[PDB]
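The structure described below contains resiniferatoxin.
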Number of protein chains: 4
Amino acid sequence: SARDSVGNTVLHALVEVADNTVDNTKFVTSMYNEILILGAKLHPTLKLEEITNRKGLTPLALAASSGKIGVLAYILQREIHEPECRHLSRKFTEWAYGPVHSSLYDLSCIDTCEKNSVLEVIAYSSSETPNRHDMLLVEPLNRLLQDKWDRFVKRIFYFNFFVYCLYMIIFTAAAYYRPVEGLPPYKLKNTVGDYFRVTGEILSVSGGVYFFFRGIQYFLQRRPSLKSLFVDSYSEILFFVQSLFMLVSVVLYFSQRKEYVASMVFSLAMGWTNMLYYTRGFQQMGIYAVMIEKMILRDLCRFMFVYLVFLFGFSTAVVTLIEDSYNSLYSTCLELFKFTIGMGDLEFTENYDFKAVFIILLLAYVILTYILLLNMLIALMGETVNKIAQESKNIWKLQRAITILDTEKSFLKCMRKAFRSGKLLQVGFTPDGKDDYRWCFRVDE
Amino acid sequence: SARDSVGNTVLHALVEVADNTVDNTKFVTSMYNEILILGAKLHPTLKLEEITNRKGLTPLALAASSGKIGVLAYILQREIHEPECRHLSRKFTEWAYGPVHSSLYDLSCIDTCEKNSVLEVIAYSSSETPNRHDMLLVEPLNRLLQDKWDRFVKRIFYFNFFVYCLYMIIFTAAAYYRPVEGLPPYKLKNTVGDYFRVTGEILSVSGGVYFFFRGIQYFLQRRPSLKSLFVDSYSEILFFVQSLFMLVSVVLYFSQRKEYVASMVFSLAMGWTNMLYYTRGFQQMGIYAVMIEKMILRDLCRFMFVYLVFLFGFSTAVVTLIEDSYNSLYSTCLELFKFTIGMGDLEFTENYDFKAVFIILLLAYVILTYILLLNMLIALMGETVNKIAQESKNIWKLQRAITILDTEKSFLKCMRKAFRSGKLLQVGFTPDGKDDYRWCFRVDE
Amino acid sequence: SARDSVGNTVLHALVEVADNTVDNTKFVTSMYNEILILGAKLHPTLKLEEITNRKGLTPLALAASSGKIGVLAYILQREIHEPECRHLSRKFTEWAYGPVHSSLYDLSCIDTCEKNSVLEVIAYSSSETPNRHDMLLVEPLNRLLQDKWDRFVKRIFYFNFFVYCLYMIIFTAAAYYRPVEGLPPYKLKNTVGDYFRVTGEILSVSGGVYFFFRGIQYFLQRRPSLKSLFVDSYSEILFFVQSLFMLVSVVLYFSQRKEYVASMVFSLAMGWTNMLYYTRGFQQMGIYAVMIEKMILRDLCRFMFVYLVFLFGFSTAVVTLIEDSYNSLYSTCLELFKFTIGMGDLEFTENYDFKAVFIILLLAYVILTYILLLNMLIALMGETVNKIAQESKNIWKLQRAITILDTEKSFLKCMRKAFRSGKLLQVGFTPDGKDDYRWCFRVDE
Amino acid sequence: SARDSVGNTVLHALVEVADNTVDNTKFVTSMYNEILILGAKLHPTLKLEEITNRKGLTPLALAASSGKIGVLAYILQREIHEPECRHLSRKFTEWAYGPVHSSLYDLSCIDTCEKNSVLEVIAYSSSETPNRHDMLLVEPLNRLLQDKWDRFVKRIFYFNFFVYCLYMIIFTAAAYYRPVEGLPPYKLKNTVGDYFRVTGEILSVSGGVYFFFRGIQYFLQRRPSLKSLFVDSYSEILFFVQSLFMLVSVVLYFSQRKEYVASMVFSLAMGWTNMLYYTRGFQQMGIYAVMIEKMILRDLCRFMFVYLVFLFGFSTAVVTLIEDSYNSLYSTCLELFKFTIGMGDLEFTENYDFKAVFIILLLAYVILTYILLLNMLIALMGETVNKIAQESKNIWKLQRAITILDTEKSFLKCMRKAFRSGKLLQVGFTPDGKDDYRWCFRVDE
Ligand SMILES: C=C(C)[C@]12C[C@@H](C)[C@@]34O[C@](Cc5ccccc5)(O[C@@H]1[C@@H]3C=C(COC(=O)Cc1ccc(O)c(OC)c1)C[C@]1(O)C(=O)C(C)=C[C@@H]41)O2
Ligand SMILES: C=C(C)[C@]12C[C@@H](C)[C@@]34O[C@](Cc5ccccc5)(O[C@@H]1[C@@H]3C=C(COC(=O)Cc1ccc(O)c(OC)c1)C[C@]1(O)C(=O)C(C)=C[C@@H]41)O2
Ligand SMILES: C=C(C)[C@]12C[C@@H](C)[C@@]34O[C@](Cc5ccccc5)(O[C@@H]1[C@@H]3C=C(COC(=O)Cc1ccc(O)c(OC)c1)C[C@]1(O)C(=O)C(C)=C[C@@H]41)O2
Ligand SMILES: C=C(C)[C@]12C[C@@H](C)[C@@]34O[C@](Cc5ccccc5)(O[C@@H]1[C@@H]3C=C(COC(=O)Cc1ccc(O)c(OC)c1)C[C@]1(O)C(=O)C(C)=C[C@@H]41)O2
């Protein structure tokens, strides 16, 4: 039961030295196996893998968190059937048929840990985990998540998506049929239309408060950092910001400001786009939402900086050039923006001098932006998509895993009765003269 | 002549265990050689391949249907020239020249089977068959398809395409010169122009009925399932829907509804587009038609969901924002759609408050859809084509095979004289003192 | 001097059996060595390589023509320095330094053959020649083409390009300042402007006649076939068609038809775009002209068929739908075309019924063409360009070779004094007691 | 201390014969190591590496300049610990831990050489250097660049970028609020607004003069040639051109010309665009600036030639065709340009005859340019990016290196206190009884 200065034991050290190469994988797995067996023989009373570091991470949890696929895949699929060693086996084989094995896996601290489980550390990783997307392909995790999806989570997720659709329809109806008199709040009339509208407004604000508190719960439970605040937590941030716009709309509504509409429409717009959160977790249709997240966070910042540099530079040049209607910098910025959307006039004003200078500026602007910068954006998108589609293919599973964990955490029964299988003695051997059962889960493959 | 619970013999089991890898192919090949020789020696009177499974599939038909290209390539190119074994040979070599062999192939259950032939099961596969595109490159099948194409089917196909062109020209003329009086049906006038118009309408409806019954015949013969209804049968579904629009147009025409025009134009719009069906089967020009069938079935659903989520979200936000002409959600949806086609005004109304909110909403919509989502679609399509052009290169041949089989099934002569080859005694050895001929087919290659 | 049943020599058989694979290349090389040595020993009086096949091609010319790059590379780089074998060597080494060799090559039947040379057959190939792009990288051919380029051809080519630019400027000026009175021809006034205009017209027609006769000379010398008329001869066809439009313009001008303008502008348009012919042969800028040729001949036919099917189908549907401006099929075709160029109105007429049907037709047309068909075009172009840029990189050199051969064939001095090198005795050994000189060409590489 | 016929030492010859292949790397490395040791044994008093070639380049500086990455990596990472040989080692190992080494590097002639340092030659290369992108990843150079970045250069660079932002804001404000009276210069009024305006103008011209003299200093220090003037020096050329426009604006302003505005706006349009120079050196956002540089220098020339050939040809054809408002060639050129930006009318005039000819010309122009040429540009850009993204990844670091060297060279303190580390005796052994210290630099890696 040795420990290091950080508080971790030797098995954590074996995890850390991993780098997921073939020879490193062989070395680390062999050292893990041998040291664990030796620890069993010297101290059969005390298990090493139960020992956490100062961060409360077991070697399995550290291997999962740090993105070590060789180590995690070894540990989760570690079958030990030797004398005085079976009692630390992670999995077993009941039926040893040729094409198919009826393996049984111990799910201790993989679903329920009460500190942090393998699924929890994988799904709630910091996004720096190099193999988190492929880490769930490890047999017990893949089959466990698929089982939990089909068992109860699929229905709950579809119900939540349906309810969100109802919420957005109600919100859209309540906002669309908003009153057009001045100075809110608006007195209710006894007509049924006002009762339906105010019910819609109340449900809209109720959903806003729900998402607001859900966002707070997420941020408090996760405590993310600014450096990775948007790289992770993107969907939760968008839902939280939607709720923020809803609540600012409520404040302005009861503060007697027309500007409540200014907030409400944004929330409404955000609300509909937030339906893409529910498309993630579908392999067929979730690709676009993941790519939108990735491109907005990664690619849109640099492109928009360059594009705005071009647009502002040429807009300032043009608005300087003209003199007298379009003399504002805003109008010129909009006119130069129109070229991007294929609606630039290319002679939008005569009130100026030096025709050649003006047309040269506009031609250079459209060549640089419309013909060149946009096509360069397309080229970079083509390259990066060609590289990352294979990653999005697994971001599917990763988001489904997050969904499963969130559903288990809520669960709406005030209980954690979400276990799958196991009612009989599992191991058949202990260092003592007893037997143990640790939530055996069967995988036929 | 052992059998299993489904009724299938050991050869079907040898097919099922295949996975088209090199070592597996060698294993199944060797097992086939051993079991066939044993069948010859123990039961020369009993054929193994004639045995069908529960679904009426022979081992050859199962190998073809299940997409086991290695096993099928072995079986169709199986040359046996050993004592007391030649009688099970599938092919022979008459001329053993250096660069070229005059191979001779058996066509039993290749074109005529009376249950289901190799060409029938390959062509009418469920599209999940992993090797359907490349499976027809197996030498006897490729040569059979090319031979039957050049011999009879090429002329018949071009005639059918020409007749369909005549049908669409007649339909276009009859619809274009429709009368403009009220309340159909319209009385035939004695002028020759109206005689031609009514003849064109009659031929148009006649072709509609023809395609309607052809669609019914297809659905009854194939019995497609909902899960694979569109990935297979796409062209037949489109022709059937065209005919459905034509027949609804006829009903509305004789039901005294102007709305018949609404159906007729759709059928017309479908009919010309359905000419792309005839474009498939030409290696050069078919590439778009195939791609269209793919891009609609795979890419359009998800893209249109995301695009409509963005469009509806920002459209309902904008229509909420404006107040007073454009106040309907439909008009705002169209105005925001116009940005996609490069015709968005970006100031299409002044009737609102909070100009900053309105322009921010429109700019965000433009960036999310026009710049990001459309270019993302382009990126994904580029990646997809980069991956799938090599498969389209052969789905050309697959569609030509479907054309050949349909032409043979119709054949319009009240006969089944559609065999490919064979006029000479073939085998040279039987376990009895006789000889056999089984439609010998020559391949000089 | 062995021959086959057709009368071609065994060397021609060795060329024909080649397939440019490594083992085949080694086999044919060894057979060439053996047969050439045997020819030297048995019949030193008569050389094998001089004997032509039935088509009048030598084995070197056949190897070049048929695209057997390994055989040609072997032959042209064949150094033989053995007893009683030097006299048939193709090349030598004067300075055998480590990093560099001063190789010396025989140019027999490389530039001057009087039947067909290696450069002539490579440059004037059928475009199916698999290695024509890389075949000119064989050391003596690449060095000779570069030598001819730098020596005299580059100046002549740039002079011709400059003169063509002058011709097009003159043609543009003469056409731009055409008279606007009725019923040509136009009587000259004594003003200087008319004299300059008629001089420009005379030079324009003179250039037209020049290009007409050059096209005829090309077609007579090459005798291209319809199946490969455009895959080769594309630039010459375009120049010929330009000249045809010019001559039709002349006929209409003197036939008292205003329609001469209709022809002239087409020639003028072609006359400018044909400058891209001179762009080929420059590595930096010749990429676009090559790709325009390739895409028009390969990709534009099928894309335009599919696009016109969509456009015509939906245009006919829409023009059927509307009733009463825009009621012609031409106007509707133009309005639907405008969507492709980002200028579709999407409500271009109110004179119709069934708003939903009309807008559904237009939206479906937009999605099918503007969003899908154009993006599928882009995807296919991306794929094919990713595959063929490496071939364009060398068709640069191929077009330069064609330019060099054309310049030699003209040469503008009434002579053929276009030899590259050699003024000294070359071989040093003959089967007789003499010595020979065969245009030695030196390469320091 | 032997030399060759050029006067360069044997080590320069060893550098020249390198080609960065593995076997060549071993060959040259072994010969270099052995000859250096032999030089130590025979002439320990005189070092070989310090000796320059005719161009003033040491073998290290030549290896860096000529792009021989293997030789440079070996030399910079050359450790010798043998008797009478360790005194010429380039680096040492202080701590020989397993996963990490505390290497110690000698920086002689890496930052300061007084003829040519490694950083100077790499950063100020001619852009033909094949390995300049990856050459800075050699351990001591990468660590030096990162150290100098974090130590003092990062703050100085961000300060300069901030000051340039302030300069452009001041320039934009001064130009935007230019007076609108006639005939400059404009008399200064005593109102505060005009004092701020004239202060902004003075600061704008001051910055222009600063950038003018900085450009002159760059061109004098580098003395670039026309053939590589733009592939290198691109940013410096753009800053110089901005300053030239500013100074021409000053001359016209004091020359009593309104046309000063024509220059000033260009400088303004230049200046904002030149902010992209500062995006290089940030990995995330510097990709677009590098891509735009490469695109403009490589692809834009050929694309614009082909595009302008098409545009001018069809504009001349159309302007010839029309007759009577659009009759100028400029107006027709603009109308045909509008198709490129998605705003072509396709019936912009009726003043012609032969509508079919006019529309055919415009449709052909659209298909050739809008559909084919632009999408061809997209395809080529996609392929280009696919190949060159890996180059841009390191061009980031290369431009950061240029920034570091420029900051050290200017440094604005009248001092050169920009050394990294080293205050103790370094070598520990010399052929004499002495010891030496040469700016020992530590790398823990
Ligand atoms: C906090 C992030 C960074 C974000 C929040 C708002 C402001 C947002 O602008 C962005 C920045 C932006 C602004 C304008 C155009 C593009 C991007 O992108 C998102 C954010 C961008 C989106 C588009 O991305 C999505 O919401 C789709 C989505 C994909 C995957 C998901 O997991 C998801 O979870 C909800 C949502 C939609 C907006 O919320 C929206 O509808 C409005 C009016 C602006 C978009 O900021
Ligand atoms: C049943 C399928 C799914 C389909 C039937 C109709 C409604 C269709 O809309 C689609 C959905 C759609 C609607 C609007 C835009 C794009 C797609 O696509 C096809 C279908 C889509 C097509 C485009 O695809 C093709 O038919 C070309 C084609 C390619 C390959 C083939 O083998 C083929 O066989 C006929 C046809 C044309 C339409 O029939 C048409 O002309 C109209 C007005 C709508 C198109 O539904
Ligand atoms: C004979 C060929 C096939 C061709 C001849 C004419 C009709 C042409 O239309 C085409 C078909 C066409 C029509 C409309 C749009 C695109 C293509 O393409 C070329 C041909 C297409 C071209 C574009 O291709 C080029 O001429 C550039 C070029 C590239 C490489 C070359 O080696 C070259 O040699 C001259 C020319 C320009 C036109 O001649 C032109 O300017 C007009 C008015 C129509 C074009 O027919
Ligand atoms: C000397 C070069 C070749 C150049 C100088 C001027 C004329 C320039 O036109 C170009 C040619 C040109 C003209 C019109 C459209 C595109 C390109 O490109 C640049 C040059 C092109 C650019 C766009 O490229 C950039 O300057 C961004 C940039 C990227 C990377 C950098 O390291 C950088 O350093 C400042 C700048 C902007 C202009 O200076 C500009 O704002 C105007 C009005 C024309 C552009 O000439």
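For reference, chains are lettered A, B, ... following the sequence lines as listed. Numbers in chain A track the PDB entry; the residues on display, in order, are 278-601, 626-746. Numbers in chain B come straight from the PDB entry, and the residues shown are 278-601, 626-746, in order. Since chain C takes its numbers from the PDB entry, the residues it shows come out as 278-601, 626-746. Following the PDB entry, chain D shows residues 278-601, 626-746, kept in their order. Each ligand, and each atom within it, is numbered from 1 in the order the structure gives. Values reported hereafter were calculated over all heavy atoms of this structure, with side chains retained and with hydrogens, waters and symmetry mates removed.
Contact chains for resiniferatoxin (ligand 2) (heavy atom under 4.0 Å, other chains only): B, C. Intersecting the UniProt resiniferatoxin-binding annotation for chain B with heavy-atom proximity to resiniferatoxin (ligand 2) (under 4.0 Å) gives B:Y511, B:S512, B:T550, B:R557. TM segments of chain B (UniProt, N to C) within heavy-atom distance under 4.0 Å of resiniferatoxin (ligand 2): 3, 4, 5. Measured on heavy atoms with a 4.0 Å cut-off, the binding site of resiniferatoxin (ligand 2) is B:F507, B:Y511, B:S512, B:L515, B:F516, B:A546, B:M547, B:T550, B:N551, B:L553, B:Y554, B:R557, B:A566, B:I569, B:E570, B:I573, B:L577, C:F591, C:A665, C:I668, C:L669.
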